[PDB]
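Snapshot of amprenavir at Protease.
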There are 2 protein chains.
Amino acid sequence: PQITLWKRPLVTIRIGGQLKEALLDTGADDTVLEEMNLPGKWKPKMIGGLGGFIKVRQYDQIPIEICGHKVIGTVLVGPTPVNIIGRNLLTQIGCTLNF
Amino acid sequence: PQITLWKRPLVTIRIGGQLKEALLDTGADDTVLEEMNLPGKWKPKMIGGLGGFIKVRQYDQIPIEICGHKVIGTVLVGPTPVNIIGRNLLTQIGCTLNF
Ligand SMILES: CC(C)CN(C[C@@H](O)[C@H](Cc1ccccc1)NC(=O)O[C@H]1CCOC1)S(=O)(=O)c1ccc(N)cc1
């Protein structure tokens, strides 16, 4: 698909049984989602935004479906105001910026 | 250009005769640059991101050259972790996401 930037690039993602809206965010190194109780080990981590850092939990090799595309990787979980699909997952769906 | 996301999408911009490195950031609504001087009246504003809100100075109708491409729009200035080109200017250069 081609996605235009007049509005926020919001898409539906599937992880487990859970469907969420998320930003295709080229400005985010890693994927960050709001509260969810994923299986597996996690490491605590801190990530820096505008306004400063927040603490997240890092979960590795998590399957995500993004616009019908199955990918697998690290999902950071914590108090992000908005669900973010970062470059770590965007690369896996073949996503480019074009102009 | 087509820009892949295995690395940060950092580009050189020209504003006010100055060359800077900025991040093409589809998750940013607005363009925020690091502390610099720009001329003309500005308005104080507050914007929010991952780790809270920051104070910025809003300058309107500012010419910027992003790669080759000329834009004229709103540039906010303050304590952003990195220079950010948001959607207000990404749209002006005809930037899309494509997978
Ligand atoms: C600031 C860049 C360098 C990194 N951020 C990504 C940005 O796209 C960020 C995404 C976002 C959108 C809306 C609310 C909150 C966050 N937008 C952002 O701040 O919107 C401001 C900047 C101008 O206009 C509005 S990040 O969220 O902090 C971040 C950091 C690390 C990871 N792993 C993931 C995300």
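The sequence lines are lettered as chains in the order written, beginning with A. The PDB entry numbering applies to chain A: residues 1-99, in that order. We're sticking with the PDB entry numbering for chain B, so the shown stretch reads 1-99, in order. Order of listing sets the numbers, starting from 1, for every ligand and every atom in it. No hydrogens, no waters, no symmetry mates; every other heavy atom, side chains included, goes into these values.
Going by heavy atoms, the other chains that come closer than 4.0 Å to amprenavir are A, B.
Among the atoms of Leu50(B), none of the N or O lies under 3.5 angstrom from an N or O of amprenavir. Close contacts of amprenavir with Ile84(B), meaning ligand atoms under 4.0 Å from a residue heavy atom, involve 1 (C).
When heavy-atom distances to amprenavir are checked against a 4.0 Å cut-off, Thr31(B) has no atom that comes that close, whether in backbone or side chain. Of the heavy atoms in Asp30(A), both backbone and side-chain atoms come closer than 4.0 Å to amprenavir. Taking distance alone, with nitrogen or oxygen atoms compared against 3.5 Å, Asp25(A) approaches amprenavir more closely than that limit.
Residues of other chains with a heavy atom under 4.0 Å from amprenavir: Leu23(A), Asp25(A), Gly27(A), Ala28(A), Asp30(A), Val32(A), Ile47(A), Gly48(A), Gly49(A), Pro81(A), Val82(A), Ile84(A), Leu23(B), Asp25(B), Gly27(B), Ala28(B), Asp29(B), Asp30(B), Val32(B), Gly48(B), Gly49(B), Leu50(B), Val82(B), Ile84(B).
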